[PDB]
Amino acid sequence: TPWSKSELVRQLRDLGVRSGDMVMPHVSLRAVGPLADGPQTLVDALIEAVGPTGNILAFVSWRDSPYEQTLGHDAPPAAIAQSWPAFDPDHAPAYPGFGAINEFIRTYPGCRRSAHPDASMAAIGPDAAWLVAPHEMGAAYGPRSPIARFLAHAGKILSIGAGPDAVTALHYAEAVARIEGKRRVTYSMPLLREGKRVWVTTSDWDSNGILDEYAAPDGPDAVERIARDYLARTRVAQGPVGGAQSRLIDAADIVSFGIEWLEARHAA
Ligand SMILES: NC[C@H]1O[C@H](O[C@H]2[C@H](O)[C@@H](O[C@H]3O[C@H](CO)[C@@H](O)[C@H](N)[C@H]3O)[C@H](N)C[C@@H]2N)[C@H](N)C[C@@H]1O
Ligand SMILES: [Mg+2]
């Protein structure tokens, strides 16, 4: 029997989501199982659970981000540069690999979208505009990003069947960790500025592993290692949402733990 919105809302309440909360979801729709009206049922349930004063923030990215195609170059390669679509926050689809729910979130009426094409974040609620801007190239997940503001806004990370690798906020810990050997990447994104496409090349922390030992293609990366340790060490509300084992994590606490975890293991 497909899960109804009301059932999901009651499950979210049982897990500890309260009216007014600031929630960042990471969802495995396969784990959740069939929904009465598809993924929108869970989006609607999340919005109802946080209520009209609550907020949702999601890391949605962009289906067509030219990350791999520009990585490591000081400028976009010529063929990429000529024909790639500029990122248009109103129309650019979300990246499927971070969750199929994200396209439903980003298309929800009133959703706001951040300007960073690769790190794009979507937000719903009264504080959405404050969450999503600024979001500048060179500030993907660290200071001055939407994640930074989420962490200052009592954020909760709602993992619905997602693994420990899924915790985007822990890229903030990587950004600020006082450790030697941190990896950086250079890439280029096509932005709209006053209606025109402008290529911007930037560097930022490597979000595929902050040190060499965390940068294997298949992992585990530092986010996964930190989150697994944290979850083995901390009381965290656990329970079902749909068919999915879910957890509700204090974001500031896990990020503080992650900064300490990295700094304990790696010389300054
Ligand atoms: N390195 C291992 C991890 O790789 C992925 O996550 C990571 C993604 O690969 C990162 O994505 C970035 O790198 C990928 C891969 O090149 C690009 O497709 C993407 N546009 C770009 O944003 C994203 N910015 C952060 C995320 N933690 C897996 N989802 C989880 C895994 O633990
Ligand atoms: Mg408020």
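By the numbers in the PDB entry, the shown part of chain A spans 19-286. When reading the values below, keep in mind they use all heavy atoms of this one structure, side chains included, and skip hydrogens, waters and symmetry mates. Read the numbers this way: they start at 1 and go in the same order the structure lists the ligands and their atoms. The way this entry was determined, per its header, is X-ray crystallography, 1.2 Å.
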Trainee: Let me know which of rigosertib, tobramycin, dexverapamil, risperidone, salmeterol you see at ligand 1, thanks!
Mentor: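 That would be tobramycin.
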Trainee: Mind checking something for me? Which chain has more close contacts with tobramycin (ligand 1) than the rest, going by the PDB entry?
Mentor: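 By most contacts, it's Aminoglycoside N(3)-acetyltransferase.
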Trainee: Quick one: what's the binding site of tobramycin (ligand 1) if I count heavy atoms under 4.0 Å?
Mentor: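 At that heavy-atom cut-off, the residues are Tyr85, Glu86, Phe116, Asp136, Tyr159, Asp183, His189, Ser225, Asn226, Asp239.
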Trainee: Is any covalent bond from tobramycin (ligand 1) to a polymer chain modeled here, and which residue and atom does it involve?
Mentor: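 The covalent link is not modeled.
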Trainee: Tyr159 versus tobramycin (ligand 1): do any nitrogen or oxygen atoms come within less than 3.5 Å of each other?
Mentor: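 By distance alone, the answer is yes.
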Trainee: Students should be able to answer this: which protein heavy-atom is nearest to atom 13 (O) of tobramycin (ligand 1), and at what distance?
Mentor: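 For atom 13 (O) of tobramycin (ligand 1), the nearest protein heavy atom comes out as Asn226 OD1, 2.9 Å.
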Trainee: Where is the nearest protein heavy atom to atom 28 (C) of tobramycin (ligand 1): which residue, which atom, and how far?
Mentor: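 Nearest protein contact, heavy atoms only, for atom 28 (C) of tobramycin (ligand 1) is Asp183 OD2, 4.1 Å.
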Trainee: Which protein heavy atom lies closest to atom 18 (O) of tobramycin (ligand 1), and at what distance to 0.1 Å?
Mentor: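 Ranked first by proximity to atom 18 (O) of tobramycin (ligand 1) is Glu86 OE2, 2.7 Å.
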Trainee: Which organism does the PDB entry give as the source of chain A?
Mentor: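 Per the entry, it comes from Enterobacter cloacae.
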Trainee: Write out each pair where an N or O from tobramycin (ligand 1) and one from the protein are under 3.5 Å apart, with the distance.
Mentor:
from                  : atom 1 : to     : atom 2 : distance (Å)
tobramycin (ligand 1) : 1 (N)  : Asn226 : ND2    : 3.4
tobramycin (ligand 1) : 1 (N)  : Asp239 : OD2    : 3.4
tobramycin (ligand 1) : 9 (O)  : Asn226 : ND2    : 2.6
tobramycin (ligand 1) : 13 (O) : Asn226 : OD1    : 2.9
tobramycin (ligand 1) : 16 (O) : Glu86  : OE2    : 2.8
tobramycin (ligand 1) : 18 (O) : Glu86  : OE2    : 2.7
tobramycin (ligand 1) : 20 (N) : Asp136 : OD1    : 2.8
tobramycin (ligand 1) : 22 (O) : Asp136 : OD1    : 3.3
tobramycin (ligand 1) : 22 (O) : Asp136 : OD2    : 2.6
tobramycin (ligand 1) : 24 (N) : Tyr159 : OH     : 3.0
tobramycin (ligand 1) : 24 (N) : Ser225 : OG     : 2.8
tobramycin (ligand 1) : 27 (N) : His189 : NE2    : 2.9
tobramycin (ligand 1) : 32 (O) : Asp239 : OD2    : 2.8

